[PDB]
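Complex: lesinurad / Solute carrier family 22 member 12.
Going by the PDB entry, the residues shown for chain A are 3-517, listed in order. Atoms within a ligand are numbered from 1 in the order they appear, just like the ligands themselves.
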Amino acid sequence: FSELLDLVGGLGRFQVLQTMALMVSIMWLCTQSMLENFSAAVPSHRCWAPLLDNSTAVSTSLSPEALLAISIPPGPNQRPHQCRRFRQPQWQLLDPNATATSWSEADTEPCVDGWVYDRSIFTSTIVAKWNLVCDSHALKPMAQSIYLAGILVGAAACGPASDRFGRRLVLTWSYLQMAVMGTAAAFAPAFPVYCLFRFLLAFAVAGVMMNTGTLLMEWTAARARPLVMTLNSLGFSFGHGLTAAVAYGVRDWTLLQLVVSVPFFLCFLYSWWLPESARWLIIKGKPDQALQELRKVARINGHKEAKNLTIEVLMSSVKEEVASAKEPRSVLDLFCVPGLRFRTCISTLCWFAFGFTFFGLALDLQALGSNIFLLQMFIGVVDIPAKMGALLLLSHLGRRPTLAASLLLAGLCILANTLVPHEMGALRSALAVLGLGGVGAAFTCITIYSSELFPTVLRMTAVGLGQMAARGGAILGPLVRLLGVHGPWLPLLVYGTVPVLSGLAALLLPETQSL
Ligand SMILES: O=C(O)CSc1nnc(Br)n1-c1ccc(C2CC2)c2ccccc12
Ligand SMILES: *[C@@H]1O[C@H](CO)[C@@H](O)[C@H](O)[C@H]1NC(C)=O
């Protein structure tokens, strides 16, 4: 196949522009996933009460602090209660002789008249729109889990459709679906409808993610392929900073979702000027069209040797890859070789731990640091050197020590974040950023490592099991926060424990770096 690329250019203008065009789309795709740190930010909130809020009433000399003491009981955080109010104004709390036990729980009622939300940071959020608070607290992580389950289902559906219809066609319509469904969610009338449209948006996110990487590799010479995939991975690192920058300017959830959805109408349009893969076209017995794509690429690269692309040269080079079709295989085969049985388990575990920890932590930055814009920016900025240093280390020290060290350090940083006292918010922010950086480095390490642990017959089946494990763990990520009602440290303890246990397990894997 690489002879056709050499007659067409395996690295050059076309590959450069293709890499740029796909990197930008991956940045915006990353913004789509990270959006609910801001679109679904929780404002500080309290019950609606007549004295505080019915401004049509008779004015008085009492200042808002006294009215807040008189109207709403204190809560766990040494702050006003977010879900209860006094049944009648408690004037007896105003005197200096008052005490904390001067009232009883029977004197308090829930927010019958609704909530009042802080508008200083955000104009609106889905939490404030649909009151995803108090008894409905679980609905935010439920929405995030529904999005990630959409990604799981979409990745399941993508493969067969990509093989049946082609990488570029499915990528094109995935772009269109992302644009439509992102626009539709921004105007949703109700919470279930918003969840439906976020699920259908993730369904297309999965296809974009898969077909972008596939369409890059199938047009890139093996010499440049690793660098190209590395740049594809850095697109998300820049997507984090892009999310912080865009969300800083747009403080309204509708406008934010709409703004991050519009770009995909442009991605849809310029996806038509891309060529379909010639490998896929020849494999499907379509040399008449593969030739057209090949000479399109050669024309872009300014390469004259399309004159030598007599159609037979296609039918005598790529044709015989179809020999691989004689033996389809399944996930269950991985565990039928006793030498691979344990290897498979402790690799899939690392994939699961990566996805679980990353989407446990990165989707509630509001719990990890005071300022979420700067914190998002930093989990973007640190991710870059983390990934590239992972590449450097595994190119020098090998795969096993790099994966083990990254996972262990990430887990131990996240555990420390619980141990550092709450007042030292700067150090907690730094440690959270370092933990997520270790998780990203572990993503790099496991992606490269899993492509080497298994025999050629099974490499892609093993990697598929790994990727599906990562998506399944990402689904469980958000739901662990429901443990937070028992204590703020418990979800973080779980998120820190999982990577430690998986990084200890990674010490048992065999090495694959060339000697
Ligand atoms: O959430 C899941 O379903 C499973 S992990 C997932 N899903 N979509 C994406 Br984007 N990722 C991703 C999550 C995290 C990262 C960086 C390394 C920390 C990624 C880097 C490149 C590509 C995808 C990534
Ligand atoms: C608000 O105060 C006005 C004062 O006249 C009163 O008429 C009205 O019923 C009050 N509404 C509520 C909801 O308390």
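The parts of the structure that belong to lesinurad are ligand 1.
The organism that the PDB names for chain A is Homo sapiens.
Result for lesinurad (ligand 1) at 4.0 Å: UniProt transmembrane segments of chain A, from the N terminus, with a heavy atom inside the cut-off are 2, 4, 5, 7, 8, 10, 11. Taking every heavy atom under 4.0 Å from lesinurad (ligand 1), one finds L150, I153, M211, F238, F356, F360, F361, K389, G442, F445, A472, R473, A476.
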